[PDB]
Student: 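I'm sharing a structure that contains LY2090314.
A note on names: the letters A, B, ... follow the listed sequences, proteins ahead of strands, and every chain is numbered from 1. Indexing begins at 1, ligand by ligand and atom by atom, following the structure's order.
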Amino acid sequence: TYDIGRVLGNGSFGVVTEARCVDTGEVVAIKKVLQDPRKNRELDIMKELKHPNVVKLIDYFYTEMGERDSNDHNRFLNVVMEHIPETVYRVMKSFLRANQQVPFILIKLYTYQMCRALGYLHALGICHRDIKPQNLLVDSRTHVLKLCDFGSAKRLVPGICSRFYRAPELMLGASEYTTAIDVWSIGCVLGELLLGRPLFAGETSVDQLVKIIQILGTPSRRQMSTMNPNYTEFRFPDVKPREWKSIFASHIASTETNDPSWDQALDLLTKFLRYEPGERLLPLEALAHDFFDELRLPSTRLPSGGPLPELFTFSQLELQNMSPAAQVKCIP
Amino acid sequence: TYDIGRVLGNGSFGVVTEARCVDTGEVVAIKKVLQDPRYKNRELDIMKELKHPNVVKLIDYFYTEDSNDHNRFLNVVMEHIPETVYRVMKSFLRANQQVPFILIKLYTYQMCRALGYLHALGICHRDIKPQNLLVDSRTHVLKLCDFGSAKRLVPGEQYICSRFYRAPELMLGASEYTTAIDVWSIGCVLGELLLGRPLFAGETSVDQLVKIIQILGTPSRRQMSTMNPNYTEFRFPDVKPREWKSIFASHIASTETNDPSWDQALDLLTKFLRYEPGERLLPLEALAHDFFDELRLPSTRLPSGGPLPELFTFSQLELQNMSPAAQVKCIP
Amino acid sequence: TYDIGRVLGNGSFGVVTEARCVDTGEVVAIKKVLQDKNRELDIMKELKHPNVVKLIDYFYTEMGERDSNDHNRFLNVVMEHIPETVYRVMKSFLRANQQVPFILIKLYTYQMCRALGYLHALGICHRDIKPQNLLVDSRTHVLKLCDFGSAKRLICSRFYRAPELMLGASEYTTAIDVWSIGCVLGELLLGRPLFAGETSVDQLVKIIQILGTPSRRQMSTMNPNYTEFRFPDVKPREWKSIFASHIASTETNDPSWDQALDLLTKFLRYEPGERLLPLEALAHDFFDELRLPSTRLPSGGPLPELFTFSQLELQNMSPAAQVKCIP
Amino acid sequence: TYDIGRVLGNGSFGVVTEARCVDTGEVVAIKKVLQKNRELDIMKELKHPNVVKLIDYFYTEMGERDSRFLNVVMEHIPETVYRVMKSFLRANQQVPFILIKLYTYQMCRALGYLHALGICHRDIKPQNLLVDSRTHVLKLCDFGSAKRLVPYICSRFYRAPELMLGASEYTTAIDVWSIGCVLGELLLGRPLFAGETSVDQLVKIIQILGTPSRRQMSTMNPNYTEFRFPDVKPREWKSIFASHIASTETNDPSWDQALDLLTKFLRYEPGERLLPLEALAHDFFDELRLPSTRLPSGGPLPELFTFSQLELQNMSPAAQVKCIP
Ligand SMILES: O=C1NC(=O)C(c2cnc3ccccn23)=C1c1cn2c3c(cc(F)cc13)CN(C(=O)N1CCCCC1)CC2
Ligand SMILES: O=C1NC(=O)C(c2cnc3ccccn23)=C1c1cn2c3c(cc(F)cc13)CN(C(=O)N1CCCCC1)CC2
Ligand SMILES: O=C1NC(=O)C(c2cnc3ccccn23)=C1c1cn2c3c(cc(F)cc13)CN(C(=O)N1CCCCC1)CC2
Ligand SMILES: O=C1NC(=O)C(c2cnc3ccccn23)=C1c1cn2c3c(cc(F)cc13)CN(C(=O)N1CCCCC1)CC2
């Protein structure tokens with residue numbers, strides 16, 4: 001049913017390629033992975049998701065190979081998905097090359113839809129576990145953002161690489177963690193969208209723990225125990241917490257032009273990037289932040305002038321995972 | 001001119017699959033990786049250079065069959081060896097049996113010699129682990145492979161997700177290192193061969209440094225900085241150095257007639273696993289160690305009874321990169 | 001003693017698995033069969049030959065009680081491990097749309113004959129020779145017999161079974177293994193089974209369509225209960241007809257095609273008594289290439305063991321065969 | 001959940017072993033196969049008085065290395081028709097007619113059920129027909145060869161003639177032919193067409209059914225038309241059992257009804273072989289429908305008549321009034 005043509009980089013190690021569905025002429029994305037045919041976690045998770053900001057699962061099928069053999073005729077699972085041409089990663093580097101900041105309306109739209117998508121996932125009990133700009137699909141014309149790449153997602157049963165966006169509890173080898181690790185990533189994406197470069201760029205985990213400490217300050221004994229208990233008494237150098245207003249001072253200087261956006265973005269950044277995972281602002285709660293107040297005004301449009309994408313038709317599971325204060329605030 | 005059938009696994013990015021050469025009837029391994037024909041492939045150029053009894057032979061290579069494409073598929077054809085040190089180890093583990101000292105000697109020797117040659121060309125493998133060490137049970141030949149991470153370390157430049165066998169300088173944001181990182185791996189493999197489990201098994205960059213310190217002791221201020229200068233004044237908790245006979249006490253206990261095997265292996269383990277990369281015993285130099293004296297006796301055989309594999313017909317390049325003291329000891 | 005791992009497949013009446021010998025690190029095959037004395041193990045203890053699997057060890061494993069139930073007892077036969085079969089090598093070339101090179105057809109057929117000649121010299125009949133039983137190492141191109149669950153001093157296969165067996169014969173000779181040798185030479189040259197019928201009737205017809213009608217007397221040397229039994233009358237075809245297309249595609253100014261087919265005709269004969277004996281076959285011109293000193297594997301390597309005949313092998317070779325076979 | 005113990009033998013593939021369910025103490029049979037299965041998928045569909053119940057299934061791993069066992073758990077019954085047969089054979093005695101009727105009936109009803117789901121068993125033989133000596137219940141088992149036949153195993157004596165001619169395509173009638181061979185052996189004390197090979201067997205079939213016509217031959221395998229086969233005359237079933245009919249006599253139509261039922265089963269043309277659910281209404285089973293009939297033990301007869309809706313749907317109207325007592 002599909003013409004496979006041209007490789008779109010690499011997903012969860014498996015290969016992702018462009019494809020045309022011959023019945024409709026439409027282009028789709030096909031991630032082919034090597035499964036053992038006697039159960040694939042990513043595809044079972046994909047079958048559950050339905051949300052305005054998650055890639056649609058379209059079809060799936062196994063490659064034939066034909067060559068039988070009393071060893072392993074391998075077999076390849078083909079997951080067919082909605083094709084969206086860009087990522088938040090690309091839009092950023094496009095603005096970077098232009099030495100220009102992403103407009104605050106796009107930063108608001110992207111962070112919102114990322115938060116809403118990750119809240120749904122967490123409401124189903126699913127943790128994406130590898131949120132980074134390279135996974136946040138974007139449509140330049142409608143500025144829809146969709147989640148994708150669920151090769152690392154998992155239903156965290158009580159009892160991954162890409163290092164710039166991992167939660168600090170992960171870099172300390174926490175043997176147990178919560179869905180909050182995605183919230184730390186949300187903070188890192190929002191952070192990079194505002195800064196023009198990663199907030200905590202470091203080659204290894206040691207290198208990053210330092211850079212996080214050089215900003216959040218030295219973690220307390222109690223904070224350290226909420227991340228990894230085995231390190232409750234592991235002492236770090238005593239660094240005093242630096243504050244966002246300072247790090248972005250130059251950006252606030254050059255850009256800022258009659259906007260409280262910078263105050264709201266940095267406040268929202270603070271509520272995401274917290275050592276104690278339980279103290280991190282939950283994603284569906286975050287939708288109510290004043291940073292998104294612009295998106296609920298009726299006269300707000302895309303910079304193009306076109307209409308805003310889907311933002312407000314919350315499902316009941318979305319509403320159920322919102323505090324009463326949040327439920328009143330989000331109604332546009 | 002190959003019948004491609006059955007996937008062996010995932011190498012550096014690409015997939016490796018078994019294949020039959022239709023001209024000779026022989027079985028080979030084909031690693032298919034996603035190249036860009038407009039650029040150069042590092043792994044293939046490196047392999048094109050290697051000729052050594054303990055490196056996989058490069059047999060052939062070819063590209064497999066629009067604008068906006070660019071992404072083509074490089075097919076590298078190599079010698080097929082059906083096992084790894086990884087598989088042999090987990091084999092003995094299940095039997096609650098220690099790998100015999102004759103094999104621990106054979107494998108570590110051939111690994112050192114393969115890595116000594118590699119260094120003599122200026123190449124660094126950068127990801128030595130049991131899974132890369134091909135083994136043939138019948139001859140107990142060991143060969144290096146998986147050169148997707150190899151590189152001719154050029155002073156002045158700058159990310160691997162292999163966890164247990166990386167050198168401490170790598171787990172700090174080093175950005176400059178030497179071929180000594182391969183020697184640290186040699187130590188971890190020899191360590192695991194003797195212990196039945198990884199010497200420093202911890203899931204993250206941070207957890208492992210901790211596990212290494214609980215054994216090697218806290219690094220001195222100068223030992224740090226020969227690893228990563230950016231962390232010279234970084235103090236760790238004060239751990240006392242453990243004794244290898246302590247870690248191996250139970251293994252040393254069970255195996256009666258300790259002989260110098262345990263003493264020579266632990267002396268050789270000590271000379272590999274050193275914080276300062278510059279103080280680590282060089283791989284060809286290691287060949288002359290007393291641990292391998294059994295390999296040089298004329299009456300020594302494999303446990304099967306068969307003859308020992310290639311061990312001593314050193315090339316001229318090997319000799320030039322051996323201290324004169326080592327050469328008289330190594331040539332039997 | 002042994003670490004048991006991968007299941008390689010199914011032998012005669014049991015499962016065969018990979019295993020590591022803990023003393024040596026070597027990989028071996030263990031055939032575990034239900035000992036509910038074995039014949040196969042007695043047969044295995046006798047065999048020593050370059051082209052038979054080595055018997056390495058054996059031990060019993062029991063599950064349950066005894067006088068209570070019937071518990072279980074299992075014979076575990078430990079053998080030399082070879083990683084491929086002729087069956088696998090064949091299907092590999094088939095997928096490639098390629099003929100097995102004549103040097104490998106020579107090597108495999110030669111070594112198969114020698115093992116079966118030795119086996120027969122002991123008076124043993126293998127009784128189930130097929131590509132799945134002919135172990136091969138691509139690296140050396142050594143061929144070894146295995147799977148002796150049917151061997152016997154005088155089956156569920158059908159494609160490589162002799163015509164006498166498929167006629168229900170009660171008595172047979174060791175020449176049933178020579179028919180199987182030819183059906184393997186045939187598949188190596190045709191790229192597909194010479195006689196491939198699902199059943200034990202469909203198969204005789206496909207044989208008849210090539211060998212012609214067995215004479216009144218020929219049918220009597222196969223199964224006497226069928227002498228005066230008439231079959232449809234087909235005229236015998238010629239192997240050069242059946243292989244005409246292959247002989248064209250593979251061309252060459254070599255006598256291999258003529259020599260290979262001359263050997264096929266001498267193997268595949270209705271009369272068991274007229275079939276070329278396995279050790280006599282070694283002297284056939286087909287294997288003259290193997291006796292040249294300059295010959296190598298296609299790889300470039302040395303040829304496997306081919307000529308160091310034991311004294312028993314020599315006793316079962318005609319004097320003409322002895323001068324032709326010693327290089 | 002299970003203690004795996006004594007090995008009972010080999011089914012279509014894999015080994016079957018005795019086992020105890022630790023929860024109930026009950027004994028069950030576990031078929032362990034090396035694996036979406038077909039046999040397990042088919043087993044999951046069947047629920048009928050004369051098919052083994054599938055109780056459970058579970059997989060064991062054993063290994064964890066780069067480059068599985070299905071365990072099918074079933075109702076345990078300690079005998080087969082095969083084992084009951086050798087019992088009377090060794091006893092120099094014929095299987096009682098009430099038992100022949102019971103076994104053939106339950107077998108027909110089980111295969112009739114199986115066909116109504118579109119499944120073909122393809123390897124019915126005495127060794128597959130479980131029996132309980134106490135109740136004389138018969139249940140089908142060993143579905144490793146079953147398949148639904150959307151248009152290669154070594155079963156010998158009970159294969160249909162179209163199968164022994166390797167017919168690339170066939171119908172569920174092959175199970176009907178086996179029913180006939182099982183009934184036949186129950187009456188004769190030995191296989192009807194026992195031969196070392198297929199050749200020996202067609203020869204034995206030809207010596208009884210006579211030489212097949214071209215069109216009969218074309219309903220089996222279109223190939224081999226007008227090809228081979230001497231002129232052999234059809235023999236008579238009453239001749240074959242003449243010695244048995246003497247010794248027994250009985251003054252009963254049992255021998256006539258059995259041989260009539262044998263004739264309607266063992267026919268070259270597959271479409272002309274008596275369908276199984278039809279077979280239940282045959283006069284042979286009239287005794288099983290009498291209220292005063294009991295087992296030879298004195299006990300009650302097993303389940304025989306409480307037909308599901310599908311069983312009724314595949315019975316001719318004449319058959320339904322004949323079968324309901
Ligand atoms: O349309 C889609 N539906 C999906 O599910 C899906 C998908 C599936 N797995 C992953 C993993 C990461 C990112 C996206 N995906 C795509 C899909 C859409 N592009 C992709 C690209 C590579 C790729 F591999 C998959 C996709 C290239 N590209 C991109 O911007 N990149 C790739 C990595 C570096 C920069 C960020 C532009 C569009
Ligand atoms: O025969 C060969 N010639 C080569 O060049 C080569 C090769 C190329 N890249 C790599 C990376 C790692 C190891 C080997 N290779 C192989 C090659 C040989 N086996 C391989 C296996 C997987 C694979 F993907 C490649 C190969 C499985 N296996 C094995 O023990 N494993 C795989 C990883 C976990 C356990 C260790 C058995 C032999
Ligand atoms: O190493 C060995 N030493 C022995 O004695 C021996 C052995 C014992 N019984 C039999 C029966 C048939 C073939 C070989 N054997 C083996 C042995 C070696 N492989 C085996 C395979 C299955 C198996 F079941 C046994 C073995 C798989 N395979 C293979 O190519 N196949 C299996 C059947 C279909 C295709 C042909 C690759 C290697
Ligand atoms: O209790 C059960 N529930 C099932 O499903 C089932 C079963 C599963 N597969 C097959 C295949 C053939 C026959 C029965 N089965 C049994 C089961 C019950 N016996 C079995 C015997 C062997 C065996 F392997 C399985 C079973 C021995 N025996 C028997 O009379 N034999 C065995 C073959 C030669 C003579 C006939 C008496 C009881």
Student: Mind telling me which chains or ligands belong to LY2090314?
Tutor: ligands 1, 2, 3 and 4
Student: Mind checking something for me? Which chain has more close contacts with LY2090314 (ligand 1) than the rest, going by the PDB entry?
Tutor: Putative cell-cycle-associated protein kinase GSK
Student: Hey, which other chains get a heavy atom under 4.0 Å from LY2090314 (ligand 1)?
Tutor: A
Student: Considering only distances below 4.0 Å, what other ligands or ions surround LY2090314 (ligand 1)?
Tutor: none
Student: Just to check: does the deposited model tie LY2090314 (ligand 1) to a chain with a covalent bond, and where (residue and atom)?
Tutor: none
Student: Which residues form the binding site of LY2090314 (ligand 1) (heavy atoms under 4.0 Å)?
Tutor: A:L8, A:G9, A:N10, A:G11, A:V16, A:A29, A:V55, A:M81, A:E82, A:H83, A:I84, A:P85, A:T87, A:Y89, A:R90, A:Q134, A:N135, A:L137, A:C148, A:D149
